[PDB]
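Snapshot of diclofenac at Basic phospholipase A2 VRV-PL-VIIIa.
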Amino acid sequence: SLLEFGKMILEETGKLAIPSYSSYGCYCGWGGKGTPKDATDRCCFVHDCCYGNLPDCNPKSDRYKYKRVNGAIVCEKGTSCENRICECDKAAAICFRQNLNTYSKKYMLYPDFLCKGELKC
Ligand SMILES: O=C(O)Cc1ccccc1Nc1c(Cl)cccc1Cl
């Protein structure tokens, strides 16, 4: 659930989901359209796509359980949705951590009209 994802984000990046990644680029936080502005934005695009593979699940609200083995993220067994949701978020966190070096504040609160074009998952 959104509640777990943000905590995962924070642990991973030292940054707070809101407002650091809640309105970043064209896909972080609301997704929809356009060309991902950068690596961080790309993580969100993939992440939206990931959630997209689970039409019959509820990513924002279904809670899952996970643990850290030394500093690794390990999703604990739950319902199938729960397991695939977790794998989706885990990927996004690692991705964020992997591009923190190019995170740019000029993409915070990015305006909608500056996101043109569809991109397929
Ligand atoms: O992919 C992301 O960076 C995050 C993301 C994607 C889809 C929907 C919500 C969020 N984030 C989000 C979070 Cl992480 C907390 C509170 C409110 C919102 Cl809208």
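Quick note: numbers on chain A are straight from the PDB entry, i.e. 1-14, 16-56, 59, 61, 67-86, 88-122, 124-131, 133, in order. Counting starts at 1 for both ligands and their atoms, following the listed order. Side chains are part of it too, since the values below use all heavy atoms of this structure and drop only hydrogens, waters and symmetry mates.
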Using 4.0 Å as the heavy-atom cut-off, which UniProt Ca(2+)-binding residues of chain A are near diclofenac (ligand 1)? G30
Nearest UniProt active-site residue in chain A relative to diclofenac (ligand 1); least heavy-atom distance to 1 Å: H48, 3 Å
Any chance you could list the binding-site residues for diclofenac (ligand 1)? Cut-off is 4.0 Å, heavy atoms. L2, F5, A18, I19, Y22, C29, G30, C45, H48, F106
